[PDB]
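Residue numbers begin at 1 in each chain, while the letters A, B, ... track the order of the sequences. Below, all heavy atoms of this structure are taken into account, side chains as well, without hydrogens, waters or symmetry copies. First listed ligand is number 1; within each ligand, the first listed atom is number 1.
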Amino acid sequence: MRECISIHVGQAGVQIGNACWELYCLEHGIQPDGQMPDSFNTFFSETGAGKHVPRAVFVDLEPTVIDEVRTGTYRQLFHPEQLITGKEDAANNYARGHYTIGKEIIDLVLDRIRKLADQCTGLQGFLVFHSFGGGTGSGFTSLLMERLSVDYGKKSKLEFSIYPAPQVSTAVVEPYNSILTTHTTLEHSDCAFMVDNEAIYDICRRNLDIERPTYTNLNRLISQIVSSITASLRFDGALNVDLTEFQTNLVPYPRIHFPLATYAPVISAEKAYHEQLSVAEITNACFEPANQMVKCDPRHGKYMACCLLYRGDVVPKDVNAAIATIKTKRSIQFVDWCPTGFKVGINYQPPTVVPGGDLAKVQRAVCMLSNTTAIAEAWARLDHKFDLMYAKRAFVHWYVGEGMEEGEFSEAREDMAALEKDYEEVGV
Amino acid sequence: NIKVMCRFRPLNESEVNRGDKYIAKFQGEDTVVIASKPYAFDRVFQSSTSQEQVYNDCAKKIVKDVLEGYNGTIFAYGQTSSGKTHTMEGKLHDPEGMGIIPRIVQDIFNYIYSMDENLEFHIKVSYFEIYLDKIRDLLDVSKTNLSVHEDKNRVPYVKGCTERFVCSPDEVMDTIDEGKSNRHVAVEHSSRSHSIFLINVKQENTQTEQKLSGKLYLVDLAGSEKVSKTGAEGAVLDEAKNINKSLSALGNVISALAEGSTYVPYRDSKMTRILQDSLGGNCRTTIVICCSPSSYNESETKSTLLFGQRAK
Amino acid sequence: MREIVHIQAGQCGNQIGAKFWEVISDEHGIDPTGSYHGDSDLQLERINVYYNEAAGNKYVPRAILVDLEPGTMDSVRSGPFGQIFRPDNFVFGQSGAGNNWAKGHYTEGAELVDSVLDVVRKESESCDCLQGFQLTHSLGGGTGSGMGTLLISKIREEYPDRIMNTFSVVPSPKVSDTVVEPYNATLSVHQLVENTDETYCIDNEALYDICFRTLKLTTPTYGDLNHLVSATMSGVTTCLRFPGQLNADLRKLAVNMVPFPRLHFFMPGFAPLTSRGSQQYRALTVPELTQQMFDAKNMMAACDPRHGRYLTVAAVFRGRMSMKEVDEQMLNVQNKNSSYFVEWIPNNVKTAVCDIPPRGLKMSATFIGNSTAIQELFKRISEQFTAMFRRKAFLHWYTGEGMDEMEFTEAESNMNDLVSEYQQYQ
Ligand SMILES: CC(=O)O[C@H]1C(=O)[C@@]2(C)[C@H]([C@H](OC(=O)c3ccccc3)[C@]3(O)C[C@H](OC(=O)[C@H](O)[C@@H](NC(=O)c4ccccc4)c4ccccc4)C(C)=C1C3(C)C)[C@]1(OC(C)=O)CO[C@@H]1C[C@@H]2O
Ligand SMILES: Nc1nc2c(ncn2[C@@H]2O[C@H](COP(=O)(O)OP(=O)(O)OP(=O)(O)O)[C@@H](O)[C@H]2O)c(=O)[nH]1
Ligand SMILES: Nc1nc2c(ncn2[C@@H]2O[C@H](COP(=O)(O)OP(=O)(O)O)[C@@H](O)[C@H]2O)c(=O)[nH]1
Ligand SMILES: Nc1ncnc2c1ncn2[C@@H]1O[C@H](COP(=O)(O)OP(=O)(O)O)[C@@H](O)[C@H]1O
Ligand SMILES: [Mg+2]
């Protein structure tokens, strides 16, 4: 069988998981109490009396959001030992989430992960949701990833992270945490997907015609992306592609594994009509520079490999026609050493509409995952922010006050510079 | 001005059989490169350098300035089994392998033996350590929570610290031994606390009726420890946190002094507060960092080199 | 689960704390008798932060009141909310401080600090996981300044890894009631700059000006000032007891707001603030709150933010609101006023949003600022201290309790060094 394990660490990860599990329960027809009135074994497991239990682990060092989960509308779904909670939060400190407070619940979460893995026959990989910038999402994720790499090793690990925006920001010590966690994520992960809140805000403003978006809409969009990725494992259709095929068609070199995602068509109910929304139109809209979920225009770079994941009513002839039209264009530039850089996947299961949502019931949707050389601009901006704040050594005494030396910052900066250099040199 | 000196030690017999290899590469006499990354300093010593060269090139001018009524300060930072004790104390009587402190007392005493008869000298010695940000007295175990104040000339000092006179190098060595016999040492001989040693020399001309006071400071900096790679619990974790914070504060103070900033954060930690008189202005200070070139100790060597480079 | 121990020292501290406890009890829905008469589960969900359980559904505050005179104690005990405190938590002497820092800190406070520390220790051992300590006092008085400083030193010795935040009322230039205020203020700052994690500076002149201009009050009294201070105190720590989209702890605020260890002096704020008969003509949205918060006539410290630049600004929103609006407002505030913010720190503003507004409001926001304009306050205090110290005026009272001039000299040097630190980044 084909199963995956989901880990949500930090507040952002927990809320993304709330949205994702609501979406999964809606898709597979499972009520919040776990009773449904074989396409579900991927994310759930039976108990012998009709109850279905998710394969998820919720971890946070602060008891606030998890307590909201335990008393919410999905209180009867999760196993009470999966929701794990500490005493005091990381307070936006990498060291506190790494060691000082980390070595109090790490054994518990490792035991829970072992218990979930011992009950699954054909494990496919892990799905980690966290946010860069926070103490927990940058420090506790590193420790857990290191332990999993030591223990399991050969199993794939996919990450879905929130990257700091160019201008919009929330904390003041975000660059430090982001630099440390992106130093950690190059050694242990396998395919890291990054998004930022500003691009999704702009997408909601222009496409969805909503002027005051909140976190719920962003979480719903990310959940739709993840569901589109996992639909191939869950359902059936022509040209199905699983995780290992994704990685062997998307990652040319070992360290070039940082794609950026895009979804289409994100349309409202008022614009659901009055529009054709054929295969060609949806495919073309995905290459626009204003629909990317990362603040970086693809025009200032070259693509390497892109995988198209159609779902709904799609015929391969239309896909080939759209691919030819995309290839004949000039503003979209591929590298010379990749004569064929398209991976096509189709599924028969149309997207599902959540009640009280901003999306419309469409007959077909696409999800393109491509890794271009235009992803280094965000890293350059964040590194410039980091060095500007680190020249004066501000907010440093908080980090060294938890047993963390001063060499880690320089080492992580060197690693990020090396990664940017690798991307630039492979682009040419 | 601030001077940084780096010393390297040879591969001993107890570790040569394991097949370790050198990592350090030398260019000229002021650059040492590890993994194709330069680290420029004021002077880099090699394995063959004896103790006499180190003393003549690192501490002689500071000793000379003290005897004329100025102030000096010598630090010492390194990891365990990196050469710290060999370059600081060593064998206490060998005329070739003795450390820096025996040569310091020898030079400071050979001048008192040769300066006329109309000058009167006194020697004062103090020995206090910093542990968990609380000053203790190594020469009097009764005192445990001493404090720091300022006199009229806003020149800081330590209140209540034991101060005894000496008359010969034997007395200085004996009080050094007695003080060291009470310092905090973990389970091979790793120090868990910073140590400060003061040698006060004051002179009064009987004829000219002019008074000159001079202070020499010897500081043994404890080693920074990366907690994530060890597994510290309880008291060890607190000691590591305090050591790291104090070293970071000292580095910040030295960097601010070197860069010529208008404001120098002298009041961020106890150690920089005490040495406020003998750090800036017309004061000469030198820092000696001891490193190990074996591949088994690359990470700690890099950390020590980075701490040295932070000063600049 | 992240409990807070509350200590009130002196008359001003006691009255501010009484108003604060009335406000908190109203927010959580607790009758003066100590019972629960609320209407929501979120009120009782996190009640252990400020209250202790008792037999038969009763809640007692974790508050300790200390004074050297029995007047404020039985003035508080006769108030509307005097039946709520534990009678064993009252600790007092008989001989007053007499507006003498030396007396309260050396002679009569040393004969009472043991009992206060005993009750503090007893209160702090019933907590599952401590978070920090709260102190309310006034720097210009005798018992408040000295007693609070001594308690702070003792607690920082006993508990060295806990948050310590104090809400200290600062002497004002054009409003004064004591002739020896600068001495007390300097001797208190000399210790607050060392033994505190984050202190909030408040003065009566700014509160009077707010009441006169913004609220259009005719005859303000001390009740309104205490009420404003209590409102900002309650708004500081709203994320420790209510859910929200973004949660910020006290240690989170300390990490984000304090670049270097000494610079931990803040000027609080609040919004919205309007007058009766003028609320129907104003729309309440995020832009209005943002505009009001960053106004020079809304801070509770008698300093002009225009004569300086901010280092870090923390804005805690309460209510239902969009995150994009908050982010865009906090970005365009810095973009429009780039000359009022430090250039080498990107994103000077931190946003925390909670979804439980205060009763009777749709939206509320608290403002915490760390600006270099706070230097002029210490400048005035040091100038007055120098004026009164050359002639040794009113000095034999302090030296008559066991002090020395060296304490005054060291305190002045420390305050001057703090002023030099704040000016450097301008
Ligand atoms: C019809 C209506 O909306 O009336 C408002 C009101 O008119 C105004 C003017 C209120 C009013 O406040 C004052 O006039 C005031 C008096 C003394 C000190 C400070 C303020 C109000 O009294 C105060 C009251 O505040 C609350 O209810 C909050 O929960 C507040 N509560 C208390 O301070 C409190 C008072 C008495 C007993 C127990 C609690 C609070 C604020 C922060 C944290 C916790 C609680 C409100 C909204 C109003 C009135 C009633 C007129 C204002 O104050 C507050 C704190 O909201 C003054 O400027 C604001 C803007 C409000 O719109
Ligand atoms: N999409 C989304 N992003 C969020 C959400 N909450 C916070 N973020 C982002 O996450 C970053 C802040 O990190 P958090 O996840 O809140 O912090 P944390 O991981 O809980 O760590 P601590 O609270 O410090 O222990 C900022 O960039 C926020 O914009 C959310 O609910 N949804
Ligand atoms: N807000 C407020 N301030 C007060 C109150 N009582 C005194 N003050 C101020 O506190 C300072 C005097 O100190 P005080 O507390 O009375 O002296 P103490 O009793 O010895 O601590 C002056 O600046 C007063 O304006 C009060 O009830 N409320
Ligand atoms: N520069 C050097 N040249 C030769 N031998 C050295 C040198 N530095 C140290 N050693 C050798 O190292 C041994 C122990 O080093 P030590 O000073 O005890 O380090 P630590 O005190 O940190 O344990 C000594 O026996 C000494 O012979
Ligand atoms: Mg959190």
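In the deposited model, most contacts to ligand 1 involve the chain that the PDB entry calls Tubulin beta chain.
The drug assigned to ligand 1 in the PDB is Taxol. Other chains contributing a heavy atom less than 4.0 Å from an atom of Taxol (ligand 1): C.
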